[PDB]
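Heads up, this one has trimethoprim in it.
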Amino acid sequence: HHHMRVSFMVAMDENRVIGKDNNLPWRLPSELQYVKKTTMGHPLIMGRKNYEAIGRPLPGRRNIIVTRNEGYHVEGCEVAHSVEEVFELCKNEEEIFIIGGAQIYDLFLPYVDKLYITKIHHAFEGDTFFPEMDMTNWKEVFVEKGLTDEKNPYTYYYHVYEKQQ
Ligand SMILES: NC(=O)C1=CN([C@@H]2O[C@H](COP(=O)(O)OP(=O)(O)OC[C@H]3O[C@@H](n4cnc5c(N)ncnc54)[C@H](OP(=O)(O)O)[C@@H]3O)[C@@H](O)[C@H]2O)C=CC1
Ligand SMILES: COc1cc(Cc2cnc(N)nc2N)cc(OC)c1OC
């Protein structure tokens, strides 16, 4: 029904870990820069827990926080309380990025068209995971080696998938 492209933006390890104790288990500033470059201009949709672990809105974008809390407000961020209310807020957007966490990924899982998954070649201790997906009708269209250096001490790859339907 909706008219915007729904895209997932995720970074996960070898066992699909995405978080430990409300934190990225890894420090990869270059990966975060890729996320900034890829999502520039477009709304960011994130769960309340994902937002609070991030701490502040991030400029040049509509930041949309998903919560059941009817009285939740954050300076310079928009609040939505359901998938449909996000779809409302984003009705004239060309593309929106679902940036986590796990519960918010589950929430939009039936709607995802495009998949930006950074795969990190390491097995981290973690408590939150990227959900399993039926990859039937999905095609990998892009893969590139991420920057490994002193500041970014792991091997990782940018993968993109498009749903064929
Ligand atoms: N590497 C990666 O790709 C990323 C990692 N992460 C990590 O994952 C963790 C966050 O994921 P997780 O803990 O699952 O939390 P979420 O980010 O999914 O936030 C959960 C919150 O979303 C709100 N919510 C959930 N379902 C609904 C619903 N159906 N309707 C309305 N609101 C809803 C609730 O907010 P409320 O309680 O206020 O009502 C809930 O507490 C963090 O540790 C973070 O570091 C997150 C994103 C990306
Ligand atoms: C917008 O940048 C951030 C993004 C994330 C989550 C995240 C990080 N990387 C990828 N590829 N996808 C995601 N959903 C987490 C962050 O910190 C906890 C960020 O800022 C510091």
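Counting from 1, the numbers follow the sequence of the chain as shown. These values consider heavy atoms only, across backbone and side chains, with no hydrogens, waters or symmetry-generated copies. In each ligand, atom 1 is the first atom listed, and ligand 1 is the first ligand listed.
- The full list of places where trimethoprim can be found here is ligand 2.
- Here the macromolecule bound to trimethoprim with the most contacts is known in the PDB entry as Dihydrofolate reductase.
- The closest approach between any non-hydrogen atom of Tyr158 and trimethoprim is not below 4.0 Å.
- Of the protein's non-hydrogen atoms, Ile99 O, 4.5 Å is the one closest to atom 7 (C) of trimethoprim.
- Of the listed residues (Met46, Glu31, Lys119, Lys36), the one carrying the non-hydrogen atom nearest atom 8 (C) of trimethoprim is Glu31.
- When hydrogens are left out, the protein atom nearest atom 12 (N) of trimethoprim is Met9 O, 3.2 Å; that is the closest non-hydrogen contact.
- Residue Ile54 holds the heavy atom nearest to atom 16 (C) of trimethoprim of all those in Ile98, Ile54, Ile120.
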